[PDB]
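Bound state: Sodium/potassium-transporting ATPase subunit alpha-1 + digoxin.
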Amino acid sequence: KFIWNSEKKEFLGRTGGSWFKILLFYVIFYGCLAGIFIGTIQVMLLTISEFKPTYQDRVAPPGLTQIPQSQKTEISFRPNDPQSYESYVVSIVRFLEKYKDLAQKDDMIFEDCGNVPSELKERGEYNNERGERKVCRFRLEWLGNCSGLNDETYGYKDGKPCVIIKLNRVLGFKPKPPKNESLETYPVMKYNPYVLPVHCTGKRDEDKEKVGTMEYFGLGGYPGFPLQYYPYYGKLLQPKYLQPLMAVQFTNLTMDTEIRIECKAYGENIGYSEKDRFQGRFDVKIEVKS
Amino acid sequence: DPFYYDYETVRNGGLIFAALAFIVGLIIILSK
Amino acid sequence: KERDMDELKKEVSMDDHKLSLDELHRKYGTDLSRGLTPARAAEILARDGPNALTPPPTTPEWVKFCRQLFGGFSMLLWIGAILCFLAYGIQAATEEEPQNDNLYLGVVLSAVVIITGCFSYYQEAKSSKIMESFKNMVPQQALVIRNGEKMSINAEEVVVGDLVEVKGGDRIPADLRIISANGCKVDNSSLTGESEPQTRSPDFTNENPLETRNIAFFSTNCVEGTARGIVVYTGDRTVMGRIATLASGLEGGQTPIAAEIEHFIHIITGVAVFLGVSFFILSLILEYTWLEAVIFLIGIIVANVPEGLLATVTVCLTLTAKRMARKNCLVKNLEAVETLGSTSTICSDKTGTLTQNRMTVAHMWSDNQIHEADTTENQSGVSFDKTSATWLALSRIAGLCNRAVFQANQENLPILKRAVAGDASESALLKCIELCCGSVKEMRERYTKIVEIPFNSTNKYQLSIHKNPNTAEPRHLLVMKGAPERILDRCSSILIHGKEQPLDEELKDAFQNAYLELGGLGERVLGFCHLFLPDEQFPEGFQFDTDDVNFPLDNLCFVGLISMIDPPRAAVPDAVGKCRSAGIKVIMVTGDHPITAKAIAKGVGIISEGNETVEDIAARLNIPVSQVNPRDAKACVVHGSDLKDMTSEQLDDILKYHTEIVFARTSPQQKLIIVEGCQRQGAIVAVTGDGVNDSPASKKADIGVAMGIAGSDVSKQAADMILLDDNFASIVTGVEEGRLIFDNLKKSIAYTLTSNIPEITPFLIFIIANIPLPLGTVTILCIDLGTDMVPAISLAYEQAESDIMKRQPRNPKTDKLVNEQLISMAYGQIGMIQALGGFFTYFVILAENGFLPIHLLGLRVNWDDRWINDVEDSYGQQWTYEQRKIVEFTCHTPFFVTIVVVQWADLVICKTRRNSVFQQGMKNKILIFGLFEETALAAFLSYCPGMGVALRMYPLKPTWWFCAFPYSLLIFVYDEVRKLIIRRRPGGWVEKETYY
Ligand SMILES: C[C@H]1O[C@@H](O[C@H]2[C@@H](O)C[C@H](O[C@H]3[C@@H](O)C[C@H](O[C@H]4CC[C@@]5(C)[C@H](CC[C@@H]6[C@@H]5C[C@@H](O)[C@]5(C)[C@@H](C7=CC(=O)OC7)CC[C@]65O)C4)O[C@@H]3C)O[C@@H]2C)C[C@H](O)[C@@H]1O
Ligand SMILES: *[C@@H]1O[C@H](CO)[C@@H](O[C@@H]2O[C@H](CO)[C@@H](O)[C@H](O)[C@H]2NC(C)=O)[C@H](O)[C@H]1NC(C)=O
Ligand SMILES: CC(C)CCC[C@@H](C)[C@H]1CC[C@H]2[C@@H]3CC=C4C[C@@H](O)CC[C@]4(C)[C@H]3CC[C@]12C
Ligand SMILES: CC(C)CCC[C@@H](C)[C@H]1CC[C@H]2[C@@H]3CC=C4C[C@@H](O)CC[C@]4(C)[C@H]3CC[C@]12C
Ligand SMILES: OC[C@H]1O[C@@](CO)(O[C@H]2O[C@H](CO)[C@@H](O)[C@H](O)[C@H]2O)[C@@H](O)[C@@H]1O
Ligand SMILES: OC[C@H]1O[C@@](CO)(O[C@H]2O[C@H](CO)[C@@H](O)[C@H](O)[C@H]2O)[C@@H](O)[C@@H]1O
Ligand SMILES: *[C@@H]1O[C@H](CO)[C@@H](O)[C@H](O)[C@H]1NC(C)=O
Ligand SMILES: [Mg+2]
Ligand SMILES: [Mg+2]
Ligand SMILES: [Mg+2]
């Protein structure tokens with residue numbers, strides 16, 4: 001006493017006569033609770049579509065992303081040290097490892113689309129009435145001087161920085177480029193009908209530190225995403241689906257100073273959030289120090 | 001487009017509800 | 001070495017009181033007639049200290065605020081906050097979110113502690129204030145005699161051993177040894193507990209200085225007569241000063257409710273550290289570094305702490321205390337509101353507590369028959385038959401011969417509680433006649449008093465003669481009152497129904513046995529007689545003086561007897577009846593004389609009819625008192641003389657083997673010893689009292705109870721509860737209230753404790769299965785302190801599920817506030833169903849937005865990564881940080897809403913511990929409003945504009961609201977059939993395992 005009750009005649013600490021009763025009760029109880037839970041979760045799983053998600057409204061303004069996703073939006077590396085840029089280089093290697101020409105062999109599941117940006121490819125409806133959909137090919141040659149096949153870079157910006165921008169995948173999304181009536185979109189090509197444009201700037205709307213020269217690699221040479229790869233039909237209907245990529249090389253920059261870069265994708269189907277810096281737009285800080 | 005939701009309407013509904021529920025609660029605690 | 005001091009203070013006192021006055025003055029160095037010299041007086045006055053008590057040693061500063069800030073529970077919240085701050089400090093090892101999370105939490109905990117502390121402090125402060133309004137100290141200047149001259153000086157300037165004169169109405173300045181007296185009755189009522197005024201004389205009477213007549217006492221008022229004495233004791237050295245200092249120096253002891261809460265805390269922290277440790281081990285067993293594992297430990301442990309329960313409990317107690325105050329029952333301390341409900345023994349004082357401490361007419365003798373008068377304060381009793389002429393004659397006798405008259409300002413006042421200038425008996429008689437027979441004003445001035453004889457030093461007969469108001473007989477009327485035996489010696493004729501008679505030994509001894517019966521009843525009896533005069537022999541112009549025998553003092557006409565006693569308060573007997581009915585043992589503890597004590601005891605129901613004391617048995621059987629076996633006696637009157645020679649085992653035995661007990665002639669220290677003796681049995685003791693003799697008792701008791709008006713100041717300071725209206729029946733209400741608020745507390749507790757399973761579990765399986773965090777910190781706070789508050793308070797307004805005053809007092813060791821079964825319900829069963837409901841809503845929302853539950857596993861690593869902006873759902877889509885995070889936070893809001901939804905059912909089922917909800921029912925309005933306001937609040941937080949910006953809470957897509965519903969319904973049905981089976985099978989397995 002008061003407490004030493006651990007064991008005596010006859011109870012196991014605390015009171016051990018009926019322990020089987022209560023343990024059995026909680027096994028039954030928690031078992032039934034688990035069962036009920038799995039039941040509710042099962043009807044819930046009955047109410048979700050196998051093809052399209054029940055709510056798309058959260059991803060509505062798709063985002064712009066970079067290959068070498070950095071610790072915080074920043075590539076800082078030495079042009080000399082091989083181990084300096086190795087992380088970025090490897091990230092790129094594995095990223096585009098999916099895009100190689102021998103990676104798409106099959107004419108069964110792959111389809112060769114235009115060498116020039118083309119109208120959107122609509123395939124049936126989103127049900128399974130039609131078979132597994134073909135996927136339009138993307139050849140790494142569409143990006144020159146950045147991971148183009150064997151020949152060069154290959155230091156992958158080693159001399160001067162370059163980053164590929166990608167558009168976020170959204171099922172059913174059909175990008176509408178800005179009208180030919182477009183308001184002050186800055187230098188850009190006349191391929192506005194079938195391409196979704198992207199452009200980069202040092203600082204957003206205010207005074208800039210601006211130092212840069214940017215060369216863009218698109219499909220056929222146009223700084224944007226070809227509409228022919230849209231809409232995306234989802235992982236089930238289109239596994240091994242390859243989405244468009246577009247390269248941006250910074251040739252001319254001040255080496256030992258860090259500057260910032262924002263890349264905006266323009267369109268009506270496109271939107272931007274001020275709280276989400278990766279929504280509709282893009283941010284990267286780059287310092288190449290030697 | 002599926003990418004638009006009416007959040008403002010649902011918002012309004014919830015707020016209207018909050019008002020009604022609360023003032024009804026107030027009717028309840030005052031029984032005269 | 002104050003232990004020894006208080007050890008000397010718990011011992012009964014001694015004195016020098018028995019001395020030849022020669023030896024007295026020889027010792028004290030004083031003249032008996034002349035007192036002492038002014039020089040000597042001023043010499044002694046500055047030698048030790050002025051005559052007064054040292055002001056109460058307790059003068060805690062408003063810094064006592066800090067007291068409210070700690071306790072045992074606030075402590076739990078303190079260490080909670082400290083742990084939080086420590087966790088954030090450990091999270092200063094990196095760039096970290098808790099700027100909105102852990103720091104927030106700790107600060108909030110601190111805020112709860114501080115605020116609740118402020119509230120409770122303000123309440124107790126308020127009670128202290130309303131108590132301060134009640135203190136009035138009027139300086140009463142003592143009358144001394146120095147250098148032969150009478151001088152009236154401030155009582156504080158009185159020294160040891162100088163001559164003091166006290167008069168009628170004068171309060172005794174310091175402790176005196178009476179050298180001389182004339183007709184002097186001092187009132188010892190508050191100090192020694194003696195009911196009727198005790199006469200004081202030079203002569204030594206009793207060995208115990210408290211009962212002796214040659215000592216007068218500090219703080220006691222002299223009722224009548226005059227006396228001279230030498231001062232034995234001054235200031236703190238006096239009797240009531242020693243009593244007061246003992247009272248100030250005792251210990252409060254831990255209140256029962258506080259202990260229950262302590263134990264409760266032990267439970268909570270028990271499961272807290274079990275979960276925390278076991279999951280610390282578990283976390284290390286997988287991956288996370290000692291850093292993360294520690295953060296998780298602190299996280300879980302703190303998570304198990306009920307922040308809002310402090311508020312809800314404090315508010316609960318405060319509400320009950322509010323009602324108490326409404327009934328004119330004030331509680332000095334906040335937690336003392338419960339104690340009555342836990343009390344198995346009530347030690348009560350007799351005079352001023354159980355009784356009115358006011359001499360009052362009880363029974364009257366008319367036509368050889370006893371008629372009981374109405375002895376109640378409010379006149380709620382039965383009036384006798386006043387139609388008889390004998391009563392008229394008697395009433396005129398009592399009314400006309402007195403020194404008693406109402407004072408100037410008593411008109412509007414009730415005839416009883418109003419003040420009167422005169423003797424005890426004369427006051428009682430005056431009030432009685434003014435009550436029953438009409439006014440004594442025009443009645444006493446109707447007959448004109450010619451020559452009166454005031455009470456004689458010997459034989460104490462008091463007579464007066466008046467003229468005749470009647471229109472028939474112009475005879476002179478003579479009236480006399482006095483002790484029954486002497487007036488029996490002087491009377492011959494007896495009156496019946498308006499016509500006279502001589503005395504025959506049959507009805508003469510009927511009168512004798514009626515006098516001995518009323519006298520044995522505890523009452524004090526007075527013979528009342530009158531005689532007409534032979535106006536032929538004593539003409540209308542004859543002036544009779546007090547010299548020779550003018551009137552025939554013999555052959556008078558004896559009318560009847562009028563007896564009087566201090567009656568119990570009107571509400572008392574019923575109250576004691578209820579307390580006995582509730583299973584509370586009532587013990588009378590008084591310093592009064594045994595003969596009256598036993599009578600009052602039988603009157604108020606402490607000693608029931610038919611129950612015999614050892615002495616009753618001895619008397620009935622005509623046997624020596626020592627013979628009879630004490631086991632045969634259920635009731636006992638324990639004499640205080642014996643109580644001095646008694647040991648621990650002996651007192652234990654007396655308390656054990658006697659059901660109805662009365663301790664009489666007991667010193668205050670012995671009251672303390674009796675209380676401590678009942679506490680040695682391990683039982684909760686409440687003490688009710690009036691005077692200073694109850695100061696050490698009321699202090700030592702688990703709960704003391706004073707009388708707001710009839711109670712003295714010291715005992716009022718010592719009490720944990722005050723009765724402002726002086727209604728004893730309140731005690732009953734008390735033990736009801738405290739016994740109810742217990743049950744409700746459980747419910748409230750249960751409710752809040754149920755919420756901690758669905759609150760903690762999200763962060764648990766967040767660590768385990770590595771899913772995105774289902775429930776945030778802000779949301780958890782919006783449940784604990786946001787919503788559940790109004791329901792948890794509303795649970796306090798729950799009513800009695802059965803008759804509570806029927807059931808026996810709880811056992812402190814067995815029955816607990818928060819025990820095994822409660823935890824096994826809240827944590828084990830209901831809270832689990834709640835958690836499942838929450839996670840269900842979570843998966844509904846996340847699955848509908850494209851992340852299927854099975855895919856959510858291990859995702860958090862990349863999910864909580866700010867810089868991964870391509871994140872694949874089950875449909876192949878790529879989410880940024882803020883998007884999927886917005887979904888997680890719009891998964892927090894519905895988890896919170898779901899908590900509210902299941903807390904509906906939990907609130908309705910926590911409403912009743914036993915009864916089905918269709919019995920006890922929804923008649924609670926505050927509960928209804930609780931539900932409405934709760935739901936409305938949740939809906940607001942969800943849908944108010946900018947809440948996602950502020951609290952990071954987003955508008956619920958409305959169908960989300962229905963995900964929790966079937967789980968709530970399940971909770972309700974389950975606990976309803978549980979509270980069905982418990983009703984049907986009170987064996988019982990469900991009752992033993994669950995019912996709490
Ligand atoms: C070198 C590599 O280092 C790499 O650093 C890592 C390592 O340091 C590992 C490090 O682990 C985190 C991670 O597990 C996330 C994990 O985050 C969780 C723990 C801390 C929480 C703040 C947070 C939100 C809920 C919150 C807990 C803390 C608790 O105290 C609560 C206040 C508690 C409450 C009490 C109450 O009453 O109400 C609720 C229960 C739940 C709670 O509300 C969740 O907190 C842990 C500390 O995450 C860092 C990123 C980075 C790169 O990879 C780099 O290459
Ligand atoms: C990418 O880099 C190569 C360098 O290897 C460029 O070829 C150089 O092009 C410049 C003109 O811009 C010529 O003056 C040099 O003589 C070329 N050198 C070599 C070794 O080819 C190539 O034109 C660049 N292409 C793009 C699309 O940027
Ligand atoms: C009535 C009881 C005892 C039997 C079982 C019926 C249960 C499993 C039913 C009753 C209410 C139902 C839910 C109501 C809310 C909707 C939200 C919707 O967006 C997906 C399905 C979901 C989540 C339902 C699934 C099944 C549900 C939870
Ligand atoms: C007895 C039971 C059913 C009590 C529960 C009341 C339920 C049915 C109430 C309480 C909260 C309510 C909701 C509050 C928020 C609004 C938002 C509005 O835009 C659509 C409906 C909706 C979602 C309400 C529907 C009804 C609702 C879910
Ligand atoms: O079941 C609780 C619920 O019942 C009400 C009304 O339905 O009262 C019912 O039960 C009472 C028993 O005390 C009786 O008045 C009667 O049986 C019936 O009215 C409400 O008081 C309460 O909300
Ligand atoms: O239960 C049907 C009821 O809910 C509503 C909103 O009032 O549902 C709307 O919001 C839900 C949020 O999950 C959606 O599931 C639903 O598709 C949407 O219409 C109404 O539909 C209906 O009155
Ligand atoms: C590149 O930048 C350098 C200095 O910043 C400048 O001198 C040079 O002319 C630029 N090259 C162009 C404009 O082709
Ligand atoms: Mg106390
Ligand atoms: Mg008393
Ligand atoms: Mg909680």
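Note on naming: letters A, B, ... go to the chains in the order of the sequence lines (proteins, then strands), and numbering restarts at 1 for each one. According to its header, the structure was obtained by X-ray crystallography, 4.0 Å. Every heavy atom of this structure was used, including side-chain atoms; hydrogens, water molecules and symmetry mates were not. Numbering of ligands and ligand atoms starts at 1, following listing order.
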Where to find digoxin: ligand 1
Other-chain heavy-atom contacts under 4.0 Å with digoxin: C
I'd like to know which transmembrane segments of chain C, in UniProt's order from the N terminus, sit with a heavy atom under 4.0 Å from digoxin. 2, 4, 5, 6
